[PDB]
*Asks:* 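Please see the structure below; I have some questions.
Since chain A takes its numbers from the PDB entry, the residues it shows come out as 1094-1136, 1144-1279, 1286-1401. Note: hydrogens, waters and symmetry copies are ignored here, and every other heavy atom, side chains too, is used. Remember, it's 1-based here, ligands and their atoms both numbered in the order they're listed.
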Amino acid sequence: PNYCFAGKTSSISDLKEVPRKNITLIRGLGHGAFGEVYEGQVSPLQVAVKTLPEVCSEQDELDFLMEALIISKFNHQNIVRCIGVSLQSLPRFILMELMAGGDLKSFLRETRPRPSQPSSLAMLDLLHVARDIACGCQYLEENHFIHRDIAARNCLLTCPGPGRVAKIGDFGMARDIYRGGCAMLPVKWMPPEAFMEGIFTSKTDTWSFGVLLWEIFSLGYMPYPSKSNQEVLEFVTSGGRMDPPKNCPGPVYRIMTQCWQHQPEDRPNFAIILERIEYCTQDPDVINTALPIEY
Ligand SMILES: C[C@H]1Oc2cc(cnc2N)-c2c(nn(C)c2C#N)CN(C)C(=O)c2ccc(F)cc21
């Protein structure tokens, strides 16, 4: 089974097989419903290890291989690196760049300004995260790769503290399409034409990035508070959009509303999104805006 990205075709042969003896698991990182994730080290190189359960179907096996090929073929600083794989021993491993800041949704929720830590985050921190992910998205766009699932839960941070870099860290939806059910669709992140006609383009990711921006500036809230998937589907198709997050500067909210234009042609590409984020970061009135302190 081959994988095609950009101009090139790659195969399982192209993956970097790391000798299993060189790999040591250290601790769990919060395992999902299928496959575990560990902190590990390679002989030392610090890594995250994604595992394939040994009790799995052949389709699961092909899914795991395809994920390894997809991530291994990306080359961008805002996309998590694949250090290698261990596919010749069981359970099979994919080895990733260790993003010690964890996923972005959890980071935002856990790092909200509080009376004890009133200065944990500032507007600039959020703008830098937004810029980081938009840079990753621009790389995907210019290489004609549609992510399909841009959302805070699928982004990672290099570290919790000040020098953090945000990166896109999961490509499971894209993998599935390359190779499911309504209840599992990221409805709240999808544009009208996506869930209606099943049409996908890079402007699909623009819409989702708008929702990510809302997640970021809301400090990790679930989009469309109190609305179910179907309610959001009908709301969005009717022209409904989310209100600004609490204390969100107008220039930032306007990037969101542009990302959520009904017509894909009316939505900005990621080059433009990056330009607008950069302008926001220059504006003193934006970056001097205080985030809410949760009590
Ligand atoms: C496949 C997995 O990858 C990594 C996870 C972590 C770090 N680095 C990588 N590469 C991580 C997480 N939490 N913490 C505390 C750490 C640490 N250190 C998040 N997590 C448990 C995930 O499963 C997850 C979530 C989203 C996503 F995009 C990829 C992943």
*Asks:* Which drug or drug candidate is found at ligand 1?
*Replies:*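 Answer: PF-06463922.
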*Asks:* Okay, contact question: for PF-06463922, which chain racks up the most heavy-atom pairs under 4.5 Å? Name from the PDB entry, please.
*Replies:*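 Most contacts go to ALK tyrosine kinase receptor.
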*Asks:* Going by the atom numbers of PF-06463922, which of them fall below 4.0 Å from some non-hydrogen atom of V1130?
*Replies:*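 In order of numbering, the contacting atoms are 23 (O).
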*Asks:* PF-06463922 versus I1268, non-hydrogen atoms closer than 4.0 Å: side chain, backbone, both, neither?
*Replies:*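 Looking at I1268 and PF-06463922, no heavy atom falls under 4.0 Å.
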*Asks:* Evaluate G1269 for polar contact with PF-06463922, using N/O atom pairs at a separation under 3.5 Å.
*Replies:*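 By distance alone, the answer is no.
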*Asks:* Could you check which of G1201, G1125, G1128, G1202 puts a non-hydrogen atom nearest to atom 13 (N) of PF-06463922?
*Replies:*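 Of the listed residues, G1202 has the closest heavy atom.
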*Asks:* Output the list of atoms in PF-06463922 that are nearer than 4.0 Å to some heavy atom of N1254, sorted by atom number.
*Replies:*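 Taking each heavy atom of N1254 in turn, PF-06463922 has 28 (F) under 4.0 Å.
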*Asks:* Okay, which residue that UniProt calls active site in chain A is closest to PF-06463922? And the heavy-atom distance, rounded to 1 Å, please.
*Replies:*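 The closest UniProt active-site residue of chain A, by heavy-atom distance, is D1249, 9 Å.
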*Asks:* Report yes or no: does a heavy atom of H1124 sit under 4.0 Å from some atom of PF-06463922?
*Replies:*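 So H1124 does not count as touching PF-06463922.
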*Asks:* Of all the atoms in PF-06463922, which lie at a distance below 4.0 Å from a heavy atom belonging to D1270?
*Replies:*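 Those qualifying, in numeric order: 28 (F).
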*Asks:* Can you check whether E1197 has an N/O within less than 3.5 Å of an N/O in PF-06463922?
*Replies:*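 Between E1197 and PF-06463922, an N or O pair is found under 3.5 Å apart.
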*Asks:* Using UniProt domain boundaries, which domain of chain A contains most residues that touch PF-06463922?
*Replies:*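 Most residues touching PF-06463922 lie in the UniProt domain Protein kinase.
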*Asks:* I'm comparing PF-06463922 with the natural ligand. Which residues that UniProt lists as binding ATP in chain A have a heavy atom under 4.0 Å from the drug?
*Replies:*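 Counting heavy atoms against the UniProt list, it comes to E1197, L1198, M1199, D1270.
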*Asks:* Show me which atoms of PF-06463922 lie under 4.0 Å from any heavy atom of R1253.
*Replies:*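 Answer, ordered by atom number: 26 (C).
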*Asks:* What residues contact PF-06463922 if the heavy-atom distance limit is 4.0 Å?
*Replies:*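 With non-hydrogen atoms counted, the site is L1122, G1123, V1130, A1148, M1196, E1197, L1198, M1199, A1200, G1202, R1253, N1254, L1256, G1269, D1270.
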*Asks:* Contacts table for PF-06463922: protein N or O within a distance under 3.5 Å of ligand N or O, distances only.
*Replies:*
unit_1      : atom_1 : unit_2 : atom_2 : d
PF-06463922 : 8 (N)  : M1199  : N      : 2.9
PF-06463922 : 10 (N) : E1197  : O      : 2.9

